[PDB]
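A short write-up of the structure that comes next.
Chain naming here is simple, since letters A, B, ... match the order of the sequence lines and numbering starts at 1 in each. Keep in mind that the numbers below use all heavy atoms, side chains included, and drop hydrogens, waters and symmetry copies. Partial entry shown, contacts counted within. Counting starts at 1 for both ligands and their atoms, following the listed order. Looking at the header, which is where the method is noted, we find X-ray crystallography, 3.1 Å.
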Amino acid sequence: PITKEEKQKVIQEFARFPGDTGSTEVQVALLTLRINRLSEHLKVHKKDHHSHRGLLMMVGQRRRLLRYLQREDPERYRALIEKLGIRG
Amino acid sequence: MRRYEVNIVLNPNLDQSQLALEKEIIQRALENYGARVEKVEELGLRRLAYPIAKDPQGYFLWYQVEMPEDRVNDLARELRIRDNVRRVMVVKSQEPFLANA
Amino acid sequence: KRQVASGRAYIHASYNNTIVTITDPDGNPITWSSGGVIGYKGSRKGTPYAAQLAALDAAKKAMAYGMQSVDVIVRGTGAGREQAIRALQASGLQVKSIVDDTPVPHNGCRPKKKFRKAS
Amino acid sequence: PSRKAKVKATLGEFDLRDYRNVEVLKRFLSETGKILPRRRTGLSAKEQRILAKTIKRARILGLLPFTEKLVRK
RNA sequence: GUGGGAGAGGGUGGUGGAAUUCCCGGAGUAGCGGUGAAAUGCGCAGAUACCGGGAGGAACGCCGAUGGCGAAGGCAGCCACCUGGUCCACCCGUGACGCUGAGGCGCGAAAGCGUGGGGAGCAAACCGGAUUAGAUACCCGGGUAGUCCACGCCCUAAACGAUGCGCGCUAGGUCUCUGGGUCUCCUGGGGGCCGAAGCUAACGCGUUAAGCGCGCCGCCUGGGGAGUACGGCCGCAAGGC
Ligand SMILES: NC[C@@H]1O[C@H](O[C@H]2[C@@H](O)[C@H](O[C@@H]3[C@@H](O)[C@H](N)C[C@H](N)[C@H]3O[C@H]3O[C@H](CO)[C@@H](O)[C@H](O)[C@H]3N)O[C@@H]2CO)[C@H](N)[C@@H](O)[C@@H]1O
Ligand SMILES: NC[C@@H]1O[C@H](O[C@H]2[C@@H](O)[C@H](O[C@@H]3[C@@H](O)[C@H](N)C[C@H](N)[C@H]3O[C@H]3O[C@H](CO)[C@@H](O)[C@H](O)[C@H]3N)O[C@@H]2CO)[C@H](N)[C@@H](O)[C@@H]1O
Ligand SMILES: [K+]
Ligand SMILES: [K+]
Ligand SMILES: [Mg+2]
Ligand SMILES: [Mg+2]
Ligand SMILES: [Mg+2]
Ligand SMILES: [Mg+2]
Ligand SMILES: [Mg+2]
Ligand SMILES: [Mg+2]
Ligand SMILES: [Mg+2]
Ligand SMILES: [Mg+2]
Ligand SMILES: [Mg+2]
Ligand SMILES: [Mg+2]
Ligand SMILES: [Mg+2]
Ligand SMILES: [Mg+2]
Ligand SMILES: [Mg+2]
Ligand SMILES: [Mg+2]
Ligand SMILES: [Mg+2]
Ligand SMILES: [Mg+2]
Ligand SMILES: [Mg+2]
Ligand SMILES: [Mg+2]
Ligand SMILES: [Mg+2]
Ligand SMILES: [Mg+2]
Ligand SMILES: [Mg+2]
Ligand SMILES: [Mg+2]
Ligand SMILES: [Mg+2]
Ligand SMILES: [Mg+2]
Ligand SMILES: [Mg+2]
Ligand SMILES: [Mg+2]
Ligand SMILES: [Mg+2]
Ligand SMILES: [Mg+2]
Ligand SMILES: [Mg+2]
Ligand SMILES: [Mg+2]
Ligand SMILES: [Mg+2]
Ligand SMILES: [Mg+2]
């Protein structure tokens, strides 16, 4: 799954400042983690639909957050996307 | 690395040599699959509620191990290879739940 | 001819008939009897009275083998189950124990429509 | 129904999650191998739910029975 | 975010016992079966009843609930792995990032279709026995597709709470599932029952609204003709919209 150290490692990676848990960058990074993991799971297990609904919801959430970021600070958006390697 | 409990029921009719052999093979598999043995309880020959492979009794072994998750299932399969092994049940360990405590 | 003298008695009782098998303690049948082994032919085999006559006939043919004491095992719900029990108790065979071995699946096999609304 | 005595009320402290303990688990089964209903066992929902899995595990281990014969009928 | 919880939520591999059928062996013999009553059927090539061994398919008794989980369809032996949702506590981070949602896309019980496996029990069609005025049926004996698995289609339903989704507001009582707390009680999330105000044609609903409100979507406009015709789109077909 996703253990504590993995999660912490990614949080402190995208944190705007020390102590930053819930900023948009961190949220999109976490979502991206879960999404890549879950997509990997659905590469096999193609008959698991219920999990796939989860994937859909996560992707939606991420897209909404990113849309907000694009709206607010286009540079921070560009940096985030470049970093995580999303869209395309 | 997660914590599991391996239950193994064996053939009651095994003498010293064959039994020590079976235990050595079991521990060699536990080694080969990367399982680290923490605590071991050997209960031995006990009555059964129903016959298992025609025998009214069984030889009980209990191990508490720490091993990688991905390998667990595989390990169990290996333990089932042996002819003299009656039952293998690998249970993910849990903390006791008391009633009347 | 055997000279067993102690054995098992199986009462298999369904709604349509009652059959009784007296066996040796290893399980092997000595004699058997049923509703139809006596005169009865049609639905009358399912009668408690038929179960009585069947039980008694089985017990008689058993005492010809020199049987003295039996252990009773009962299978299935139907009339004349308890009548077979009672007749065996009055038979002249000492009845040691009575046991219900009636077979039941753990949700195993699909029943005929008559037995449905279950599984 | 459940008219005699209180399965949990007369009993000590015990781990409900322990499958290997036969002497205590036997008390939760009827004359047949059946798992006793709550009204007998006197347990709660969570407790019962745990008990069931424990017993089933023990059965598979050959420690407890699945079904049994009824006596003196 | 951190910490803690319950769960038949889902996918893959493994594995357990009961019962049914079949095969082999033992012992045993005149019937078994079935119904309102019977007959077809099965049985002297030895059935039924009993024991021992074996094979295979499918479904998981008790627990089990007036219970739980899921968006819906729906989900129940046990074990491990993979994985979705959700609740609570702390008040820590971001700072309106929200709601709804035509089209689109995906999921979607049963039956049905395609290819290939499988096939114990059940069983449309069918073949028989009986019942009846007749019996194309209800009852009984057989029985193929199918029911099962994998992959691919079909897209329906009393797909039902016959009740779109979200938020706020408006007495309580009582049972229950699951958290937390100063743990007789308080506080939160589910599931039921009786009921303030109020609503309703009535039945009833009533903090799980069908009450008071706001936002957005879908839909209705007498019955038959008719979910028919025509057209279009979808489907291998059945057929669907
Ligand atoms: N236990 C494995 C299960 O397999 C399921 O699917 C599998 C099972 O249905 C089945 O496995 C074997 C099969 O290989 C073999 N040819 C016959 C065997 N009887 C099957 O096993 C199963 O069959 C059916 C399934 O409905 C059940 O009734 C039965 O209890 C079960 N033993 O075939 C499928 C492929 O192996 C699901 N993946 C999941 O429930 C679980 O992983
Ligand atoms: N859900 C399947 C069942 O899970 C049970 O245990 C499950 C629950 O106890 C546990 O719930 C945890 C919760 O404790 C904890 N406080 C928070 C966590 N997010 C939850 O986990 C949840 O979210 C994650 C994604 O983040 C999913 O991977 C997971 O499936 C889901 N249950 O997660 C476990 C795994 O899902 C059974 N022990 C297991 O045998 C069985 O597989
Ligand atoms: K009413
Ligand atoms: K066409
Ligand atoms: Mg009859
Ligand atoms: Mg069922
Ligand atoms: Mg059912
Ligand atoms: Mg589940
Ligand atoms: Mg034979
Ligand atoms: Mg002859
Ligand atoms: Mg023959
Ligand atoms: Mg076969
Ligand atoms: Mg029940
Ligand atoms: Mg339903
Ligand atoms: Mg704050
Ligand atoms: Mg600020
Ligand atoms: Mg839509
Ligand atoms: Mg479908
Ligand atoms: Mg189907
Ligand atoms: Mg097909
Ligand atoms: Mg049939
Ligand atoms: Mg028929
Ligand atoms: Mg065909
Ligand atoms: Mg065919
Ligand atoms: Mg399919
Ligand atoms: Mg309904
Ligand atoms: Mg409802
Ligand atoms: Mg309701
Ligand atoms: Mg409530
Ligand atoms: Mg409540
Ligand atoms: Mg009023
Ligand atoms: Mg009311
Ligand atoms: Mg309409
Ligand atoms: Mg009109
Ligand atoms: Mg008109
Ligand atoms: Mg139509």
| Partner of ligand 2 with most atom pairs under 4.5 Å, per the PDB entry |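 Its main partner is 16S rRNA.
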| Name of the drug or drug candidate at ligand 2? |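 It's recorded as paromomycin.
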| query | In this structure, which other chains have a heavy atom at a distance under 4.0 Å from paromomycin (ligand 2)? | reply |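 By heavy atom, the other chains are A, E.
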| field | Binding site of paromomycin (ligand 2), heavy atoms under 4.0 Å | value |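 The heavy-atom binding site is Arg34(A), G4(E), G5(E), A6(E), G7(E), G9(E), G10(E), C82(E), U83(E), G84(E), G85(E), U86(E).
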| task | Report the molecule name recorded for chain A in the deposit. | result |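 Entry name: ribosomal protein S15.
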| query | Which species is recorded as the source of RNA chain E in this PDB entry? | reply |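 For RNA chain E, the PDB records Thermus thermophilus.
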